[PDB]
Q: 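Here's what I've got: ERB-041, bound to Casein kinase II subunit alpha.
All residue numbers in this chain count up from 1 along the given sequence. Atoms within a ligand are numbered from 1 in the order they appear, just like the ligands themselves. Any value given below was found using the heavy atoms of this structure, including those in side chains, with hydrogens, waters and symmetry copies removed.
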Amino acid sequence: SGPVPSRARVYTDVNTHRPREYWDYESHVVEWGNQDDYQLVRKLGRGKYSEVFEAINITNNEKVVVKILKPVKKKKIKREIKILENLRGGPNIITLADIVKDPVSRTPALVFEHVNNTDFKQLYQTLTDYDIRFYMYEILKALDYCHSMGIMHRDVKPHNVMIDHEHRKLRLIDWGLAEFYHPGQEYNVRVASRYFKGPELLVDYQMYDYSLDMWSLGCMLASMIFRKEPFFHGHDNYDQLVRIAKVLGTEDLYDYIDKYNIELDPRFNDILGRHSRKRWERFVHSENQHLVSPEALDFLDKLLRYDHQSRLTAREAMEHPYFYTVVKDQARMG
Ligand SMILES: C=Cc1cc(O)cc2nc(-c3ccc(O)c(F)c3)oc12
């Protein structure tokens with residue numbers, strides 16, 4: 001027999017209770033505008049699925065960002081668009097302003113609100129203890145929201161968090177890998193970027209959920225507090241699990257595999273070995289100790305579990321003592 005099934009422990013059925021068209025994105029009709037409404041100013045960045053440009057809307061002279069999509073299935077473009085429309089106006093969610101095609105090339109492009117500066121990777125190795133907590137809290141708002149709206153991001157990583165440090169503002173971007181959660185659905189495990197892939201993805205357990213994003217978040221938190229980028233530095237997908245196993249231990253890994261009756265790719269037979277679960281103090285040194293606290297380690301420990309079911313939810317994470325000061329400072333300002 002095969003793998004034991006799994007269900008999300010929160011927001012399990014939110015898509016089921018919705019009208020069909022909320023999640024049945026293949027049926028969504030897209031009104032394509034004219035890219036000549038926009039003049040490209042400069043290239044901001046590039047990816048596997050898109051190139052991103054600063055641009056001007058010539059009709060009202062506003063600054064925007066244009067994300068020209070690399071060729072993918074129509075289905076996937078509809079998926080990203082529907083998800084962006086569904087989450088529009090949600091906390092710390094990038095705002096879609098328009099959808100266009102170049103009239104010559106016919107290449108599809110998404111147009112977003114202009115967001116001020118850095119990708120998170122440029123500063124997240126030089127933030128204060130408080131700022132790590134502050135921005136982590138802001139990310140959790142986005143994740144709790146999108147999970148509550150029946151959506152998993154599936155590519156949480158520093159490049160996909162845009163911070164305006166001047167205005168203390170954050171947006172979660174690049175919803176191109178996001179999907180609707182449906183209980184019992186088996187998902188593609190070729191998602192997320194290598195260093196942020198959850199064990200479920202690495203061992204090919206397909207019946208995953210929102211909790212995937214919480215592992216990714218844990219990887220980010222660990223790189224920031226211990227200043228080791230990335231925290232789990234694998235050479236490939238198999239070695240990525242080995243790197244995790246050398247920290248989290250092999251006992252919990254093999255219990256995870258047994259619990260869900262997962263069939264391990266034979267490649268893993270020799271390389272996983274036998275490793276203890278390491279205490280977090282092993283990663284604490286002079287330069288990083290000001291970012292590490294008992295609260296930080298307790299929080300981190302509760303994100304980074306093999307068993308997706310054992311990880312904190314976004315709302316549970318937000319209620320952790322690590323955030324108590326952030327929370328009280330926020331009720332102060334109003
Ligand atoms: C990459 C640099 C970059 C810089 C910047 O100041 C704003 C940006 N906004 C995007 C963006 C928004 C939504 C997406 O879905 C996406 F993929 C990218 O990338 C940006």
Q: Decide whether an N or O pair under 3.5 Å exists between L44 and ERB-041.
A: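 No, there is no polar N/O contact under 3.5 Å.
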Q: Which atom of which residue carries a covalent bond to ERB-041, or is there none?
A: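 The answer: no covalent bond.
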Q: Just to be sure I read this right, does ERB-041 sit under 4.0 Å from the backbone of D174, its side chain, both, or neither, counting only heavy atoms?
A: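 Looking at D174 and ERB-041, atoms from backbone and side chain both fall under 4.0 Å.
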Q: What part of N117, side chain from CB on, backbone N/CA/C/O, both or neither, has a heavy atom under 4.0 Å from ERB-041?
A: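 For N117, only backbone atoms sit under 4.0 Å from ERB-041.
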Q: Which of the numbered atoms in ERB-041 are under 4.0 angstrom from any heavy atom belonging to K67?
A: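 In order of numbering, the contacting atoms are 14 (C), 15 (O), 16 (C), 17 (F).
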Q: What is the closest UniProt-listed active-site residue in chain A to ERB-041, and what is the minimum heavy-atom separation to the nearest 1 Å?
A: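 Measured on heavy atoms, the closest UniProt active-site residue is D155, 8 Å.
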Q: Tell me which one of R171, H114, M162 gets a heavy atom nearest to atom 3 (C) of ERB-041.
A: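 Heavy atom nearest to atom 3 (C) of ERB-041 belongs to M162.
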Q: Which UniProt domain of chain A holds most of the residues in contact with ERB-041?
A: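 Those residues lie mostly in UniProt domain Protein kinase.
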Q: Which chain positions lie within 4.0 Å of ERB-041 by heavy-atom distance?
A: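 Heavy atoms under 4.0 Å: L44, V52, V65, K67, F112, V115, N117, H159, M162, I173, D174.
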